[PDB]
**Student:** 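Structure below; questions to follow.
By convention here, the first residue in the shown sequence is residue 1. Order of appearance sets the numbers: ligands from 1, and atoms from 1 within every ligand.
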Amino acid sequence: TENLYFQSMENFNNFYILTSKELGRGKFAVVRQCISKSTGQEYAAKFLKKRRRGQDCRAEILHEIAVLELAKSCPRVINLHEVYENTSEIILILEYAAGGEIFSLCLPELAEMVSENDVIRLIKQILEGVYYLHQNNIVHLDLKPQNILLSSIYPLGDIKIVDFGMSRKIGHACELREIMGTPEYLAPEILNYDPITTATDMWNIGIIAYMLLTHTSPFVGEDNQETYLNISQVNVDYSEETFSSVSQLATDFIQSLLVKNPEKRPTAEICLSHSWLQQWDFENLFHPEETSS
Ligand SMILES: CN1CCN(c2ccc3[nH]c(-c4c(N)c5c(F)cccc5[nH]c4=O)nc3c2)CC1
């Protein structure tokens, strides 16, 4: 039956070799490192299954590629290089991010806390990306720490937002796919079936900052029941033990985002002006208001 649209699998295997480094696996998706045979350049090949739960999902995948294509120009978003297709898969040849997931910097078992300088930088960069997406009426809707990557870890590199499979336009219906995300990263409005808002992304940015500063998930519980209660009650550990080494300004940033009412959360643009993220690079010469004149 189906005619293929994208570049042939025979061309894929001619131009690239897969490496033994599997990068991620989900129910309908596998990501594996590959190398260009001609240049030696590394990429991440994302293999997306077209058939899902009975459904022909090529239209969905095409939409995901449209979104990636629009957002390509923003350096905080992962870059799409090529697309290939075979009987069962559409394969995205994406930018390789050698640092892996920002989640690795949030793990309880990591001993080194990332410096405040670094957390500030990383949050700024994530906000720049989200600002760009929101300016183009794209809500990501799955901004879990596993979907933000780093270009390197030694030294600490730059941010790349990935995985636009849940992304929608502003004010689209909160449907069966939304209410099925990762339970601990879902916003209150998602649980309560309110429509999609840019504010949902901002809540997720609150979580990322909390996780970078405390190495603890703010809402996960005993069970998913307690997770959902924690989300809907907005029950967050701000205790002095957890926050003794976290600045007030960072606390303020998180608290202004982790609020039940999506309309009270500031926009990406306003967040970029937050006092917390205003930092002078000590290597630059500051030019004060009182001039030599
Ligand atoms: C020592 N180091 C630790 C981190 N290590 C690592 C682990 C997992 C990683 N995943 C990706 C990756 C994607 N998962 C990915 C995507 F899911 C969508 C779009 C583009 C992507 N590009 C990627 O590069 N890089 C990783 C590096 C490399 C070795």
**Student:** Mind checking something for me? Which chain has more close contacts with ligand 1 than the rest, going by UniProt?
**Tutor:**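 Its main partner is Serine/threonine-protein kinase 17B.
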**Student:** Tell me which of donepezil, anagliptin, dovitinib sits at ligand 1.
**Tutor:** dovitinib
**Student:** Within dovitinib, which atoms have a heavy atom of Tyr96 less than 4.0 Å away?
**Tutor:** 24 (O), 25 (N), 27 (C), 28 (C)
**Student:** Where does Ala98 meet dovitinib, judged by heavy-atom distances below 4.0 Å: at the side chain, the backbone, both, or neither?
**Tutor:** backbone
**Student:** May I ask you to identify, for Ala97, whether its side chain, its backbone, both or neither come under 4.0 Å of dovitinib on a heavy-atom basis?
**Tutor:**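 Both the backbone and the side chain of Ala97 come within reach of dovitinib.
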**Student:** Can you find an N or O of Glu95 that's nearer than 3.5 Å to an N or O of dovitinib?
**Tutor:**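 Indeed, backbone or side chain, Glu95 has an N or O that close.
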**Student:** Taking only heavy atoms of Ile78 into account, list the atoms of dovitinib that are under 4.0 Å away from them.
**Tutor:**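 Those of dovitinib that fall under 4.0 Å from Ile78 are 19 (C), 20 (C).
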**Student:** Can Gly24 be said to touch dovitinib, with heavy atoms closer than 4.0 Å?
**Tutor:** no
**Student:** Which residue and atom name correspond to the protein heavy atom nearest atom 1 (C) of dovitinib, and how close is it?
**Tutor:** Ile153 CD1, 4.3 Å
**Student:** Would you mind checking which non-hydrogen protein atom is closest to atom 11 (C) of dovitinib, with the distance to 0.1 Å?
**Tutor:**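 So the nearest neighbour among protein heavy atoms is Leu23 CD1, 3.8 Å.
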**Student:** For dovitinib, is any non-hydrogen atom under 4.0 Å from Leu149's backbone (N, CA, C, O), its side chain (CB onward), both, or neither?
**Tutor:**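 Only the side chain of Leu149 comes within reach of dovitinib.
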**Student:** Using a 4.0 Å heavy-atom threshold (strictly under), name the region of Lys21 that reaches dovitinib: side chain, backbone, both or neither.
**Tutor:** side chain
**Student:** Which of the listed options, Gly100, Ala45, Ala29, holds the heavy atom that is closest to atom 6 (C) of dovitinib?
**Tutor:**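 Closest candidate by heavy-atom distance is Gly100.
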**Student:** Of the listed options (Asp163, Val31, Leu92), which comes nearest to atom 16 (C) of dovitinib when hydrogens are ignored and any heavy atom counts?
**Tutor:** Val31
**Student:** Please name the UniProt domain of chain A carrying most of the interface with dovitinib.
**Tutor:**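 Those residues lie mostly in UniProt domain Protein kinase.
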